[PDB]
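Entry below: contains S-thalidomide.
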Amino acid sequence: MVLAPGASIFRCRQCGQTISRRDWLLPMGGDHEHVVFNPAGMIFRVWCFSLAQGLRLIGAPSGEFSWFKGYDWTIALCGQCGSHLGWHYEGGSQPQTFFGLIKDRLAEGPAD
Ligand SMILES: O=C1CC[C@H](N2C(=O)c3ccccc3C2=O)C(=O)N1
Ligand SMILES: [Zn+2]
């Protein structure tokens, strides 16, 4: 516990929608940070979270190109502005589900 913490909540960088919390970071494979690339060669610094809110999960899951063995992904947009914030992963084991969010698309700041 700290008084007046400034690194508590992650919001959408583009609009401020509440998305996640530092307390919910999830060390997948021993690290909450996973640096990965997609088939279009884009590099993402992905932070894994157990939980997130304020997103909209688009479509149905796919296992194609999944960065996390045993998980299928759905695109996760900011539910307010539509910014692509990351992916929701499901269908796996321990945990069954989690979120992989793009670190530089979030803003971190004080609690609400
Ligand atoms: O775990 C994942 C999530 C999605 C992701 N990915 C993308 O970022 C992407 C962009 C364009 C076409 C196809 C893909 C897809 O598989 C990817 O490569 N792995
Ligand atoms: Zn947003």
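Chain A is numbered as in the PDB entry; the shown residues are, in order, 13-124. Each ligand, and each atom within it, is numbered from 1 in the order the structure gives. The figures here come from the full heavy-atom set of this structure, side chains too, leaving out hydrogens, waters and symmetry mates.
Counting repeats, the structure shows S-thalidomide at ligand 1. The chief contact partner of S-thalidomide (ligand 1) in this model is named by the PDB entry as Cereblon isoform 4.
Backbone and side-chain nitrogen or oxygen atoms of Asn50 are examined, and one is located within less than 3.5 angstrom of a nitrogen or oxygen of S-thalidomide (ligand 1). Entry annotation: chain A, source organism Magnetospirillum gryphiswaldense MSR-1.
Residue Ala52 places no heavy atom under 4.0 Å from S-thalidomide (ligand 1). Taking 4.0 Å as the cut-off, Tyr101 counts as a neighbour of S-thalidomide (ligand 1) on heavy-atom distance.
No N or O atom of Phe56 sits closer than 3.5 Å to an N or O atom of S-thalidomide (ligand 1). With non-hydrogen distances under 4.0 Å, the site around S-thalidomide (ligand 1) consists of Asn50, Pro51, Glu76, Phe77, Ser78, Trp79, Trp85, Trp99, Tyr101.
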